[PDB]
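Below is one structure, written out as structure tokens; comments come after it.
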Number of protein chains: 2
Amino acid sequence: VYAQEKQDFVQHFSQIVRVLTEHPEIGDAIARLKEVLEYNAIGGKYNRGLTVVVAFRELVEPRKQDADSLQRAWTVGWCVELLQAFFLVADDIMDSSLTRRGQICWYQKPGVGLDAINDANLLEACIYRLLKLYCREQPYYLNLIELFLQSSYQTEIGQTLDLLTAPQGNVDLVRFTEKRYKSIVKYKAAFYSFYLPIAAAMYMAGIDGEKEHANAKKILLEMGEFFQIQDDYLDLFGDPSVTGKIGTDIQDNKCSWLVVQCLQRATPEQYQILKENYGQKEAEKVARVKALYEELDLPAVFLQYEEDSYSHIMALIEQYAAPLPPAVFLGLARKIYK
Amino acid sequence: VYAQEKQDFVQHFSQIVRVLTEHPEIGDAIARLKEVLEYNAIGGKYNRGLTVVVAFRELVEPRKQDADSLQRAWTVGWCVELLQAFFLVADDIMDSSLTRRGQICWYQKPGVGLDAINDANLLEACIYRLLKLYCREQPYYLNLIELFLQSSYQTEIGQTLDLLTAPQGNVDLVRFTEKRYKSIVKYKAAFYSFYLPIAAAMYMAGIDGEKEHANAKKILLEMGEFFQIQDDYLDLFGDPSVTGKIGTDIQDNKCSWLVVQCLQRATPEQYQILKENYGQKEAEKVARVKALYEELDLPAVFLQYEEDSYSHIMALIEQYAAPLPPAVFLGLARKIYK
Ligand SMILES: O=P(O)(O)C(O)(Cn1ccnc1)P(=O)(O)O
Ligand SMILES: O=P(O)(O)C(O)(Cn1ccnc1)P(=O)(O)O
Ligand SMILES: [Mg+2]
Ligand SMILES: [Mg+2]
Ligand SMILES: [Mg+2]
Ligand SMILES: [Mg+2]
Ligand SMILES: [Mg+2]
Ligand SMILES: [Mg+2]
């Protein structure tokens, strides 16, 4: 029955596009912006954006949840979707990806190519444009600007670490450690994916306390780590008709949770098979790596990890949710661990 | 004797790098950030960054120009250099450029490639990192954040217009009009190049009035337009040992001031020579376009335009400089029209 809360959020995208596309000299650039927005911020699950709206309603007194306050909540929710769209458009280029959300990657579109770099930058610019148009006169205005900027910097540090640990055509198996893996996922996914939308609803509700944001981070950073580990598992073992994207981690020589777990269980012979076949474009070599992972029962190791993680996150909710409603984190835990 | 004001600004870059590179888990990403900063924000003329410092000293009472206020002025000056570095790293990729500031473009460096997209994003992130570390407790903090964000959005709209008017392998001569040209340069260069550093010094001096910023824009936007027209002229007729970069406008099918002026003077036969030779990679075809421009006396047309522009900008300074010191704009006019 949660498809209704989604439907309302999706319906507000038309308003977001209209407001951002409203100078006859910039008309052609405005039309390109509309195309970028429609192609990239639509076709997703909108869970990150929806988390702003859902948490806003659960943290703000209903008497203060007026039409304009709710409008501001939907807008900031769409700002989170725009931040994600900015990072994914650029990430698809850098990871040489083919598809995203059941369609070809925006940069792979004939006539787009590397112009997608500027398109990604425009998506980022739209966030601060919406924050100014809707939240400029709000006491949480600077809190939100700083939150989106800090989330961007943390994601970009994470992306730097992801790209450095994955050099094209260079055997970096020794660098694929558990400590290295935890550092990457913390920065590249955990902050913008779960802390950002909840923290935004918190600042909008007047919850600006350092300790409250610290406690919320304790739960959400661990949820973010799980989500990235699940993303790494699905890169190879997920159904592309469900994920909407084709995996590239093995070909891209990425420090995937799968390769880290492989190296913790591989014999010296299995290690050599991995060394000779990892980080290469040949379909035959990728297939050999997948066979190795299946031989080492990594899908069963992931299933066990998912159960241990769920139990750990629920224990963190019991420890750190107060004084916030547990439903804020429980709703998020249900969607991610389904 | 103005080389001394430059030397001091350059000496402060070591502090900027140290502060931005100071978590052992992010160590490798921090080392990559230092490399990106050193490669891209050094080797330039630093005129945009220096304009912050010079205008700060000319707008703030010397009694308020303490060591910490001056430190904040140098930092915001380096923030302007970082914004420019962010845009140029991404612009070199999208324009398929070879060199910048006498060295190969960062993305052309072996082992960098499209990872430069994230490097460019990190340079942008460093701006807001420095603004928070040095200007967070200042009354102009939000004014500066909004100024850098708005300057980014205007530049990105300009870049969109530049890339749309220049499609790869598509004859777009009819689109190369004077109105189209003025629209592109206004957004892609004029705002971040001259309005941004002066407006920053103004906000730092407590000059936040809408009319004062409007009047300053009247002069600086026209200075920005001239600088972009000069950039277009130098793309083909400039000495690469002086400019530090190799021209790509003809090959890239750009709506250059040169091609716009060509079309205003070309006969139907000269138009066909331009049509058959513009926007193509062949050295022979680029050479034919350059011969056409030289035949149509475009270098003499530019020299005349430079004189008319200088006189127009000085007339704008007389009309709109007050109540600011004219030296603020005169110093900038001397550096650009030299
Ligand atoms: O595996 P990635 O980290 O590249 C990914 O999760 C994207 N991403 C990029 C930064 N954080 C997440 P996706 O698999 O969607 O391509
Ligand atoms: O000619 P462009 O507009 O690409 C240039 O001026 C860069 N640029 C990009 C946006 N504004 C200016 P450069 O000749 O340095 O490559
Ligand atoms: Mg990816
Ligand atoms: Mg990636
Ligand atoms: Mg992935
Ligand atoms: Mg260029
Ligand atoms: Mg360009
Ligand atoms: Mg140029």
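Order of the sequence lines fixes the chain letters, A, B, ..., with proteins taken first and strands second; residue numbering starts at 1 for each chain. Per the header: X-ray crystallography, 2.0 Å. We count ligands from 1, going down the list as the structure has it; atoms in each ligand are counted the same way. As a basis for the values below, the full set of heavy atoms in this structure was taken, side chains included, without hydrogen atoms, waters or symmetry mates.
The drug that appears at ligand 1 goes by the name zoledronic acid. In this structure, the main binding partner of zoledronic acid (ligand 1), as named in the PDB entry, is Farnesyl pyrophosphate synthase. Other chains, heavy atom under 4.0 Å from zoledronic acid (ligand 1): A. Within 4.0 Å of zoledronic acid (ligand 1) on heavy-atom distance sit the residues A/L88, A/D91, A/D95, A/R100, A/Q159, A/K188, A/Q228, A/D231, A/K245. With ligand atoms numbered from 1 in the order given, zoledronic acid (ligand 1) contributes 7 (C) to contacts under 4.0 Å with heavy atoms of A/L88.
Within zoledronic acid (ligand 1), the atoms closer than 4.0 Å to a non-hydrogen atom of A/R100 are 13 (P), 15 (O), 16 (O), numbered from 1 in the order shown. Looking only at protein heavy atoms, the nearest one to atom 1 (O) of zoledronic acid (ligand 1) is A/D231 OD2, 3.2 Å.
For atom 4 (O) of zoledronic acid (ligand 1), the closest non-hydrogen atom of the protein is A/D95 OD2, 2.8 Å. Entry annotation: the source organism of chain A is Homo sapiens. Near A/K245, the atoms of zoledronic acid (ligand 1) lying under 4.0 angstrom from a non-hydrogen atom of the residue are 13 (P), 14 (O), 15 (O). Residue A/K188 approaches zoledronic acid (ligand 1) through these ligand atoms, each under 4.0 Å from one of its heavy atoms: 1 (O), 2 (P), 3 (O), 10 (C), 11 (N).
Interface of A/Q159 with zoledronic acid (ligand 1), defined as ligand atoms under 4.0 Å from a residue heavy atom, comprises 9 (C), 10 (C). Of the residues that UniProt lists as binding Mg(2+) in chain A, those with a heavy atom under 4.0 Å from zoledronic acid (ligand 1) are: A/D91, A/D95. Closest to atom 9 (C) of zoledronic acid (ligand 1), if we only count protein heavy atoms, is A/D91 OD1, 3.4 Å.
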List of N/O pairs, zoledronic acid (ligand 1) versus protein, all under 3.5 Å?
unit_1	atom_1	unit_2	atom_2	d
zoledronic acid (ligand 1)	1 (O)	A/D231	OD2	3.2
zoledronic acid (ligand 1)	3 (O)	A/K188	NZ	2.1
zoledronic acid (ligand 1)	4 (O)	A/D91	OD1	3.1
zoledronic acid (ligand 1)	4 (O)	A/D91	OD2	3.0
zoledronic acid (ligand 1)	4 (O)	A/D95	OD2	2.8
zoledronic acid (ligand 1)	6 (O)	A/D231	OD2	2.9
zoledronic acid (ligand 1)	11 (N)	A/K188	O	2.9
zoledronic acid (ligand 1)	14 (O)	A/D231	OD2	3.0
zoledronic acid (ligand 1)	14 (O)	A/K245	NZ	3.4
zoledronic acid (ligand 1)	15 (O)	A/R100	NH1	2.3
zoledronic acid (ligand 1)	15 (O)	A/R100	NH2	3.0
zoledronic acid (ligand 1)	15 (O)	A/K245	NZ	2.8
zoledronic acid (ligand 1)	16 (O)	A/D91	OD2	3.0
zoledronic acid (ligand 1)	16 (O)	A/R100	NH2	2.8

